[PDB]
*Asks:* 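If you scroll down you'll find the structure; I have some questions about it.
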Amino acid sequence: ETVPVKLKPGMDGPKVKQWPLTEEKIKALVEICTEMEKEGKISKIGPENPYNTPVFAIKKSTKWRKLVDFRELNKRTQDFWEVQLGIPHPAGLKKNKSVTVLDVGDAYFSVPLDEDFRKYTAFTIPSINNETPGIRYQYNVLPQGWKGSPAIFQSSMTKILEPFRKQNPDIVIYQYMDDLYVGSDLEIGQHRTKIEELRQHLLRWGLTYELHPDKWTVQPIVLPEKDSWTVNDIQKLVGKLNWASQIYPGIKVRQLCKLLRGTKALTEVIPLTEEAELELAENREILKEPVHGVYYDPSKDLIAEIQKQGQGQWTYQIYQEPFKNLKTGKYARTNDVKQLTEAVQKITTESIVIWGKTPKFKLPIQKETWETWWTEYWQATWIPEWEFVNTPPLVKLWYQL
Amino acid sequence: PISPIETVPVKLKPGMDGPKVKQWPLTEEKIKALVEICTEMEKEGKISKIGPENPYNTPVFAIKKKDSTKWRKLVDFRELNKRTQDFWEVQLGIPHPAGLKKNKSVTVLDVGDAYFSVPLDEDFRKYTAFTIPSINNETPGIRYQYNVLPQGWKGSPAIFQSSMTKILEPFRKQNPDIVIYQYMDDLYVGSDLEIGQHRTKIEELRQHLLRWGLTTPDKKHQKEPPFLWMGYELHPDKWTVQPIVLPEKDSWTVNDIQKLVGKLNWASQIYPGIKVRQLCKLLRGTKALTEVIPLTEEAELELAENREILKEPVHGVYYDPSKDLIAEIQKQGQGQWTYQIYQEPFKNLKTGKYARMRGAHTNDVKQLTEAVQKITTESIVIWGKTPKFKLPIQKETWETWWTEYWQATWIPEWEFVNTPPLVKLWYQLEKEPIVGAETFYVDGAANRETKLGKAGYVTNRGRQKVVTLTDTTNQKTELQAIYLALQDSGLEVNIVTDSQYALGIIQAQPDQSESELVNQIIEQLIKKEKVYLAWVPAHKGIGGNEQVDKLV
Ligand SMILES: Cc1cc(C#N)cc(C)c1Oc1nc(Nc2ccc(C#N)cc2)nc(N)c1Br
Ligand SMILES: [Cl-]
């Protein structure tokens, strides 16, 4: 039985260009795709299917996994997986001591896909140097990566989990795309034991890492504490406070740019004053805490900005409206884009757990550069949306750790 | 002549229905030609006669052939095409020679009547109904519908290639060592077999094709190396661009120069160090295609330099999958990069150039990286792997820049090669403020409707100066104030600004810019021995800033 799937009215299916792939990945892809089609999960298609979505290969661990970018299709089915049914997000997942993530994407290969929808899942395996025509398939079953699959499999998932939920009321289990998020406050050993227990239920219906979200704390905008202070140091200080002021209600710089009078040499050392030293402390109190006045709005996109801090350090902020930081963080520790990619995956993962959606990223890197390389390090089964931007040199500085 | 291949299901866009276009009257010689053409086509199965049952119709007409005395049936599918579903695009692109493997013998087979040899979907045929008009439209016409892919219909190119690819598949799967490329009507076939055993492999293909409806002319008329293909000249184990003739002219039109550029750009695929900068600067501006553009001196010498390079033939080499690709890049006229890609030095598989400004302000290290990135994507498309690079930059130069810059970046495995001019950083800004260097607090600021600007500075050594700039922007004034401070200070100097914009520019360490001012500011930065640039919030009462802020 196939739950009929309708696109958003007035939109057509995706027609996205296949990126060029390396010989090594193409070959992995044919292997994978010939096996998938014997099994009848995908079928070869004719020219009368005009649609396309991008496909590539990653390492899940020496073994190729296939990854379809349904970012565009997802946008065009949206209404469906977001507001017809559509999986509700547990508010306490982010409060657990331990949450484990498990891949249950294999489950969707079981369920048939609505025939009048299959044609929208078309993808192409390109050939090197354009020497032969791409080989072309659509899906016959719920595809991994399409946000429709968990929405449709939803009904079967709560059935699979009911006894286990019934037996552990205080364990939280949230599905997102191809992953199951399972959280508890058990001690880590007892948590791992419940996970294996859960794996056994899953195992009877078809099926084959650890977060501690309650230890996620914000990265404050930090104010240096100095032995001695220069004009230059105080100006930097007045800058940073002035930015934090456009966000954090309460920030006061009055007593501080007091010290900065006239026309002093940048290297002149200027005395600390009480009411200044007090303004600096009182400002620290504020930067420590959540932003008074900022809330998640379930109907707006999440944005995530990242800044390259150098030396393997990256800073980030998540907001819906600019400067109203919902969260702020860092990521630490070779390869600039490898790191960026890890950082995006870390940030995406936290975002899924807290709000139950992926942010659109503002990436400090050359489009072409990122487009070339990111698949070299990607390990998630989802892909967030992203743009590319040039970090305003000051923003980098103000979020410096 | 009509393939037994299964048809592709077709249908019209979701809302729409088949065309119902009125046939206009034709002259009588034209009606005569149509009747005999269509009578030939009908006896061959291509079309067949229908009754007035069929609601749909599409205009036909006929034209005289090639100054000769034949006619060709033309059908106007405008409306059918507008009502027909979209298809998968045929080719994502065409192979590059540099990516081709070498073959002893090659043969081109041409599929006769390609489209009329592929059946058209039974359910869709009705929508192709056309009518041959009777004389003066007095009596009802002769009505036909297509049974095969019509010339000029929207789906024919896509359905033919797919058809040919299903049919080709077995032969391919059974002859992995022999290679076939399909493009439209033609089949290009390559083997490392010897002329005898290859021609035998051809016949098996031909007879396989014929088993499937597709006829091909024979072994008596099949051409020889070299082969002309997509603007290239292909030989068994080398390749080159088709012969490129640069005219001798005393007067060049806008049009002549455009053609001249295109041919040079084309030649640059395999001819090393072709430059078009000076010829391209001629195109800048608005001029008719017929108008004459006096070449400049630089442009006249470029054309000269190019004409030498093209003198001696050069060829490219084909790809050996078992060896790495090396890519080498050189600097040329500012913003121009050339590159070669080889597997054995220095037998190039191909060459090329890169010349693009990203942003208004770049430096050589940014440009080189963009070129590495562009060349890497090209290699993946052509060869399916990335090249080992050789680059005119010290590992230390690149390493200083990567960290200095706030943008993320990465280039594959590469090594230094000493091929001047070397790319480098021409200055570096101080990380920390400088002791014993004058601190200039600068500030520029315009009037939004007047466009009158005042730039200037105050100093901790009590020096100060303001100037009046005319018809400039608030942008340009903040930059002029930086320039001012660079001119009037010594070899060391700390500059304090309020312009995040100006900060952005300089902090990125440009060495090129569209801007005259910025190139001025750069010249100064080079000559200095220490510059520290710092930013402060505008009108937030910051000591030094307010002073030079009121005073403007
Ligand atoms: C067989 C062939 C002929 C012509 C044409 N014309 C053009 C193309 C694109 C061809 O296909 C291929 N040719 C070659 N090498 C090759 C070698 C020598 C010559 C010669 N002479 C031509 C092509 N390698 C491939 N992988 C493919 Br697919
Ligand atoms: Cl909230």
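By convention in this document, chain letters (A, B, ...) are assigned in the order of the sequence lines, proteins followed by strands, and residues within each chain are numbered from 1. Note: hydrogens, waters and symmetry copies are ignored here, and every other heavy atom, side chains too, is used. Both counts, for ligands and for their atoms, begin at 1 and track the order of listing.
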*Asks:* Trying to figure out what ligand 1 is stuck to here - the chain with the largest number of contacts. What's it called in the PDB entry?
*Replies:* p66 Reverse transcriptase
*Asks:* Quick one: etravirine, vorasidenib, oliceridine, ajmalicine, opicapone - which is at ligand 1?
*Replies:*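 The drug at ligand 1 is etravirine.
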*Asks:* Hey, which other chains get a heavy atom under 4.0 Å from etravirine?
*Replies:*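 Those reaching under 4.0 Å with a heavy atom: A, B.
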*Asks:* Extract every residue of other chains having a heavy atom under 4.0 Å from etravirine.
*Replies:*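 Going by non-hydrogen atoms, it's A:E131, B:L100, B:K101, B:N103, B:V106, B:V179, B:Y181, B:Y188, B:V189, B:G190, B:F227, B:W229, B:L234, B:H235, B:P236, B:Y318.
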*Asks:* When you measure from atom 20 (C) of etravirine to every protein heavy atom, which one gives the shortest distance, and what is it?
*Replies:*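 Atom 20 (C) of etravirine sits closest to the protein heavy atom B:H235 O, 3.2 Å.
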*Asks:* Give the name the PDB entry assigns to chain A.
*Replies:* p51 Reverse transcriptase
*Asks:* What's the entry got as the organism for chain B?
*Replies:*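 According to the entry, Hiv-1 m:b_hxb2r.
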*Asks:* Quick check on contacts: which atoms of etravirine are under 4.0 angstrom from a heavy atom of B:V189?
*Replies:* 1 (C)
*Asks:* Return yes or no for this condition: an N or O of B:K101 is under 3.5 Å from an N or O of etravirine.
*Replies:* yes
*Asks:* Please write down residue, atom name and distance for the protein heavy atom closest to atom 2 (C) of etravirine.
*Replies:*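 Nearest protein contact, heavy atoms only, for atom 2 (C) of etravirine is B:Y188 CB, 3.4 Å.
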*Asks:* Flag B:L234 as yes when one of its N or O atoms lies below 3.5 Å from any N or O atom of etravirine, and as no otherwise.
*Replies:* yes
*Asks:* Distance to 0.1 Å, residue and atom name: give those for the protein heavy atom nearest to atom 23 (C) of etravirine.
*Replies:*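 Scanning the protein heavy atoms, the shortest distance from atom 23 (C) of etravirine goes to B:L100 CD2, 4.2 Å.
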*Asks:* Report yes if some N/O of B:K102 lies less than 3.5 Å from some N/O of etravirine; otherwise report no.
*Replies:* no
*Asks:* Among all protein non-hydrogen atoms, which one is nearest to atom 11 (O) of etravirine, and what is the separation to 0.1 Å?
*Replies:* B:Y181 CB, 3.6 Å
*Asks:* Checking a contact table here: which protein heavy atom is nearest atom 26 (N) of etravirine, and how many Å away?
*Replies:* A:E131 OE1, 3.0 Å
*Asks:* Can you tell me which residue and heavy atom of the protein come closest to atom 27 (C) of etravirine, and the distance to 0.1 Å?
*Replies:* B:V179 CG2, 3.8 Å
